[PDB]
Student: 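Lab note: structure loaded, ligand of interest is bosutinib.
Starting from 1, each residue takes its place in the sequence as its number. Only heavy atoms go into these numbers, but all of them, side chains included; no hydrogens, no water, no symmetry mates. Numbering of ligands and ligand atoms starts at 1, following listing order. So this one's X-ray crystallography, 2.2 Å, going by the header.
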Amino acid sequence: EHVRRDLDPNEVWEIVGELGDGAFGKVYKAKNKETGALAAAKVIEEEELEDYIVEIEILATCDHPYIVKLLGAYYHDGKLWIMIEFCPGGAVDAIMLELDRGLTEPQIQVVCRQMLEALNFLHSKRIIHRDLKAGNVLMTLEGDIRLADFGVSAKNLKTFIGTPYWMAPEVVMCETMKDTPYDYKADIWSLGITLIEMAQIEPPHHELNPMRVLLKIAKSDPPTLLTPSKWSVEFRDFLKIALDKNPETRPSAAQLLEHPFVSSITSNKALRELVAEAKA
Ligand SMILES: COc1cc(Nc2c(C#N)cnc3cc(OCCCN4CCN(C)CC4)c(OC)cc23)c(Cl)cc1Cl
Ligand SMILES: [Cl-]
């Protein structure tokens, strides 16, 4: 549940390959030498270290099925190693790319439902995820999601990829955000944008340069689905309430769980069918 300075990671873990590409940085597939357990590993090279300690303490102290598990954190030579539960389905954005299509509404409903439960969990503990997007929603073969990353990939990219298309309007110009009573609501806006991304492959304003996107998010009316006819009234209403520019009136994850779009979702079937198809 923390970082081990007294251990060399190469005693525990063998590197067997690379996952994705893909800016944000190098992600390694690792295999435990004792157990055979698989991990995704990021290997990042005390003032550039306590940046990551908050994220590792989070991933350690979160016991929830829809959040990724920390399998090990090591500090050896100059590098910080973070070993995370391997999610064999990979990221949702990578799946949409493979199949050259967006998710169906039923599939989106499962992801949404599971993301809301995870965020309700995190927000009850005053943890804010800070980087929700399809790229940080990873999948199991059983058709569940795992919320990943928690900001780490963008902090590491800080040493047009990483443009914050998913960022809430109230914080789009901020490097660091104030502690306020509606700070966690920034995740809910990002959830909304992630749903549009899953519906359309790309988030709103994907065509624009990074600077222009900040301004566009700040100024524009909340984004809506490009082709409303394809989508239920529940989906559109859900987006409309989640994508509220005012963070005080924007609903919590608990409130959105009571919305018709997701309140009856009890099976992950649609997601299992999706992952089955991308394996084949
Ligand atoms: C360790 O650190 C981090 C790792 C991650 N990312 C990953 C975590 C985590 N966590 C877990 N598991 C992952 C699994 C992945 O792909 C495996 C499946 C490959 N495809 C299967 C389907 N076939 C057709 C094509 C290949 C993956 O791929 C890019 C990234 C993963 C992030 Cl997002 C942030 C941080 Cl900080
Ligand atoms: Cl603008």
Student: Provide the full list of ligands or chains for bosutinib.
Tutor: ligand 1
Student: Name the main binding partner of bosutinib here according to the PDB entry.
Tutor: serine/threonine-protein kinase 10
Student: Which residues that UniProt lists as binding ATP in chain A have a heavy atom under 4.0 Å from bosutinib?
Tutor: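 In chain A, UniProt ones with a heavy atom near bosutinib: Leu19, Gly20, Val27, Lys42.
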Student: Can you find a non-hydrogen atom of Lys29 under 4.0 Å from bosutinib?
Tutor: no
Student: So is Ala278 touching bosutinib or not, going by heavy atoms under 4.0 Å?
Tutor: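 The answer is yes: bosutinib sits under 4.0 Å from a heavy atom of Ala278.
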Student: Where's the contact between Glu85 and bosutinib, heavy-atom distance under 4.0 Å: side chain, backbone, both or neither?
Tutor: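 It is the backbone that touches bosutinib; the side chain stays farther off.
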Student: Enumerate the atoms of bosutinib whose separation from the nearest heavy atom of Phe86 is less than 4.0 angstrom.
Tutor: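 Those qualifying, in numeric order: 12 (N), 14 (C), 17 (C).
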Student: Determine which UniProt-annotated active-site residue of chain A is nearest bosutinib and quote the heavy-atom distance to 1 Å.
Tutor: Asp131, 8 Å
Student: Counting heavy atoms only, which of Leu138, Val68, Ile56 comes nearest to atom 9 (C) of bosutinib?
Tutor: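 Checking each option, the heavy atom nearest atom 9 (C) of bosutinib is found in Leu138.
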Student: Numbering the atoms of bosutinib from 1, which are under 4.0 Å from a heavy atom of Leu19?
Tutor: 16 (O), 17 (C), 27 (C), 28 (O), 29 (C)
Student: I'm looking at bosutinib in this structure - which UniProt domain of chain A has most of the contacts?
Tutor: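 In chain A, it is the UniProt domain Protein kinase.
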Student: At a 4.0 Å threshold, what atoms of bosutinib neighbour a non-hydrogen atom of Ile84?
Tutor: 1 (C), 9 (C), 10 (N)
Student: From the options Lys42, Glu55, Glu18, select the one whose nearest heavy atom is closest to atom 3 (C) of bosutinib.
Tutor: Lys42
Student: For bosutinib, which atoms, with element, lie under 4.0 Å from some heavy atom of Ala41?
Tutor: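 Contacts of bosutinib toward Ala41, numbered from 1: 1 (C).
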Student: State the other ligands and ions under 4.0 Å from bosutinib; answer none if there are none.
Tutor: none
Student: With a cut-off of 4.0 Å, which atoms of bosutinib are near a heavy atom of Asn136?
Tutor: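 Those atoms are 33 (Cl).
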Student: Would you check the N or O atoms of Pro88, main chain and side chain alike, for any that come under 3.5 Å of an N or O of bosutinib?
Tutor: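 The answer is no, given that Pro88 and bosutinib share no N or O pair closer than 3.5 Å.
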Student: Look at bosutinib and say whether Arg146 reaches it with a heavy atom at a distance under 4.0 Å.
Tutor: no
Student: Heavy atoms under 4.0 Å from bosutinib: which residues of other chains qualify?
Tutor: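 By heavy-atom distance, those would be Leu19, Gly20, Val27, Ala40, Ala41, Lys42, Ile82, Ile84, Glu85, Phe86, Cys87, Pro88, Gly90, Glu98, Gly135, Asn136, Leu138, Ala148, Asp149, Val152, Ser153, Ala278.
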